[PDB]
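Entry featuring GDC-0853.
Order of sequence lines = order of chain letters (A, B, ...). Note that chain A carries the PDB entry numbering, so the residues on display, from first to last, are 214-299, 302-309, 314-322, 325-659. Chain B is numbered as in the PDB entry; the shown residues are, in order, 214-299, 302-309, 314-322, 325-659. Quick check of the header: X-ray crystallography, 3.4 Å. Both counts, for ligands and for their atoms, begin at 1 and track the order of listing.
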Number of protein chains: 2
Amino acid sequence: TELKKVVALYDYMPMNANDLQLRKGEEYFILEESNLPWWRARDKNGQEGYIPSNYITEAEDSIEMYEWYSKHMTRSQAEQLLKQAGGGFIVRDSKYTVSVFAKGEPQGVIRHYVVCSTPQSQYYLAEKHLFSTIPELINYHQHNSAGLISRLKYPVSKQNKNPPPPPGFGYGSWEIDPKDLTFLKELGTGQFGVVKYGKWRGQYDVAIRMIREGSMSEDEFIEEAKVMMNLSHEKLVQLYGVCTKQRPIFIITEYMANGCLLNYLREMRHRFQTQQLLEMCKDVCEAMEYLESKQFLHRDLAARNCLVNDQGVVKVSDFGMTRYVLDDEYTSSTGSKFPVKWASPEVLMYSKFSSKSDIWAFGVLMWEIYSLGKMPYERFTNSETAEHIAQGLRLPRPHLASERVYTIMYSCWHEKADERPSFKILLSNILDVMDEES
Amino acid sequence: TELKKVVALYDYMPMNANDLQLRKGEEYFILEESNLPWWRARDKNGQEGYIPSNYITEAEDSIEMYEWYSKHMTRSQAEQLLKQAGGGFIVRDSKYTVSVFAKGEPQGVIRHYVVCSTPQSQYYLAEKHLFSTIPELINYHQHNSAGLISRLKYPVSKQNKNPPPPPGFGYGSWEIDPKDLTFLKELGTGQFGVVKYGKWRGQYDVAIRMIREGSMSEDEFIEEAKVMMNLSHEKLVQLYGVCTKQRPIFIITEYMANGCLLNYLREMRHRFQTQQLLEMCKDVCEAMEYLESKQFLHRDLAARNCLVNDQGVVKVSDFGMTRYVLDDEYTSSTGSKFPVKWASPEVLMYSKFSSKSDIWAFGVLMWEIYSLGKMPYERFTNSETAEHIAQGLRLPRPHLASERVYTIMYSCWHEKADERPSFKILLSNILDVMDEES
Ligand SMILES: C[C@H]1CN(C2COC2)CCN1c1ccc(Nc2cc(-c3ccnc(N4CCn5c(cc6c5CC(C)(C)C6)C4=O)c3CO)cn(C)c2=O)nc1
Ligand SMILES: C[C@H]1CN(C2COC2)CCN1c1ccc(Nc2cc(-c3ccnc(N4CCn5c(cc6c5CC(C)(C)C6)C4=O)c3CO)cn(C)c2=O)nc1
């Protein structure tokens, strides 16, 4: 049947003819197993005989066969023998513990590192390398195992690295030269004029926005043009400059290939997925957090007022351009072209726009992003919408929105403006839910 | 004042005379810090000028300066770029996470190892090497750091290794030869005869126990001598043999230098400390657990009935010798020499000794060990002791005993015998409290 084998704990010289000579380190195969103190075994040389049971070590008992494990050693005695030894690695039972000495530093320092046991029969240690430097840890794992699937010696970078939008086509270059502008095609028309994609110096992809007669207050616009030019963020359209010497003054800004994210979600639904609109909302929230840090108010925040580039990243645009609108039906709170769908309570009532109103509009933007572009309150009217917002009604939950993101965009719509979240904490929560989704 | 410096995220060619040429990798010292998008810096070559803020990386921002960290990377996109890369170490923000690929095994396997942040500004990873072999882990740490005070390459062993007691002076050697016995000195007198320390064959330290006339039932003793010889344990005195051919029959057993632990704790109080009596109790409990596994009953368990050797380890002795006593005053339950102090309720009442009675006696032994040898119920008498044990009284807590060990030795004294603990769980609890003390 099955055969048993043990190691020679110590060495024994047969005091009796019926005994076998044990020799420390020479494994012996037990021939019979009983409860008596002596059992018959056989040696590699071929001799067999009875031998003491107090001299055998089971195959799995190799722990005792080693010169480190010491079941008798405790967390105190071990430190007393490690101080007299004066770094000695000594193992003791406790499912075990290890002790090492510290060597400079004459005051001996002892550590009691405990050995933990995995539920899957494995063993490890509750100790972390504690790298105070991330690249130092990356280099360590690069030249070590550390229980990883492989060494961290295969960087995962990309070659599609494009510089960011130049904060203006040159320092102090507020006035663009129409001669440099290289009009190429047309990008549609805007509230104040017509757009067209060209190239500054024929080497920088710019989007020229020519104005319409009696559409914007060019004077005030140029007055605050330096201000609006000082606004620069990754998720923010980069205003390159303005050609004011020529009429209509040309607002040369960053170019976005996909155009309005609203149409991107309502027509270009064959280029993204349901797991990316959250990243779009993160981009929008980052832009809003920046413009809030700048004490600037978007004033008009909506998918229509956001653009998307070839890389698929969404960025806010037309930041704070309302102040330079001439259409009364759009500027007035009771006008027809006024976006009541995204407007807020205090706005619609007393015209008290604020960062809280921008947060309300951002919540509406998240709702429509998750709705794929469906218009808010498609069934209601400009007055019924205010009625329902006052009564307490809120936009429903899109079929693709989780309860978490719905709670986010709902907190964005708190009746009390002073209670509405800030864009910073909104971005924090969006990042949290993103890390959870992923 | 203080000087600032950053790294060149990308490379920039001055489109304007007021600009400075940025070159990826060339650190630049920012001359002035503002909120504008362009700031003036100076280069190592000595040239200074305005440069974009979107191209600078703070010194602590080196994370982005590396080609691994990717704040945009998520737990999904990262796995999509790692599968197309097909083990690539890619870091992303999340306070961070790392991803590596698996290479054999054509079905790509990706891991999402998260990077943890210590409260002390350090960084580590929630990953264990998971060594399924203790000596394999010891070898790994022996040739690695693993965040240890030092490599596990300094064994902490001792040269004072003595073989254990030979389970008898030879196999089947039940009858010792008085000629071999080498009587040396005297060790005192016992209940049945007189003792003396000698040497078997002049080479094995043995303790001969010569019997007294009309003190023991030599016939029954020799009858069960093979049985009592089959009892062998580390914390158990090792009966070497019996010379029955000569009168008085000499019980040659293991020699213990310190003698009775009772006198060891009552006179030899200049060789141990208050942190070792717990180990003594552990030794006694191990012996009791073994003799319980053997369905053998000590019958008389007490510090007096335990010996100690030069190494300071205590071992039980005279295991089950009561059956071979001739003194009626000691055998009878109502006799004068009967140890009522250690006796149990059922014993004193109906004479129903059992493993529960042995557990009671072991609790009493622990109490007296922690009392330094004080006699149990020094004020009471044989009858008042039973009175108080029946009423519910129990031995008090020695000044050196913690509430935990007191609860242990108190559970040892449960009124209901069927409820008294087992020696196995008692040893488990003693080991637990020992690891806690240490
Ligand atoms: C999507 C493709 C589809 N393609 C079809 C498919 O085969 C042909 C045609 C092209 N089309 C396309 C591509 C790219 C772009 N990109 C860009 C659009 C615009 C743009 C265009 C028209 N109106 C506007 N708006 C709309 C908002 N708004 C304006 C002014 C004001 C507002 C609100 C206000 C009240 C604050 C005032 C305003 O100007 C804008 C945004 O400035 C600006 N910039 C810089 C671009 O890069 N757009 C569209
Ligand atoms: C401590 C030093 C001090 N030293 C002084 C200091 O300067 C001089 C003198 C020596 N002394 C000393 C040293 C070593 C030893 N060791 C040994 C003691 C004994 C021993 C001695 C006397 N009585 C007994 N008992 C006592 C218990 N018991 C006996 C028989 C029975 C019992 C109970 C019963 C009812 C079941 C029956 C019985 O025999 C024993 C235990 O067997 C046996 N063995 C094997 C030893 O190795 N003892 C004493």
(request) Look up in UniProt the name of the chain making most contacts with GDC-0853 (ligand 2). (result) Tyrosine-protein kinase BTK
(message) Could you check which other chains have a non-hydrogen atom under 4.0 Å from GDC-0853 (ligand 2)?
(response) B
(message) I need the residues around GDC-0853 (ligand 2) for a figure - heavy-atom cut-off 4.0 Å, please.
(response) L408(B), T410(B), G411(B), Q412(B), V416(B), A428(B), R430(B), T474(B), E475(B), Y476(B), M477(B), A478(B), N479(B), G480(B), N526(B), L528(B), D539(B), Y551(B)
(message) Could you tell me which UniProt domain of chain B does most of the contacting with GDC-0853 (ligand 2)?
(response) Protein kinase
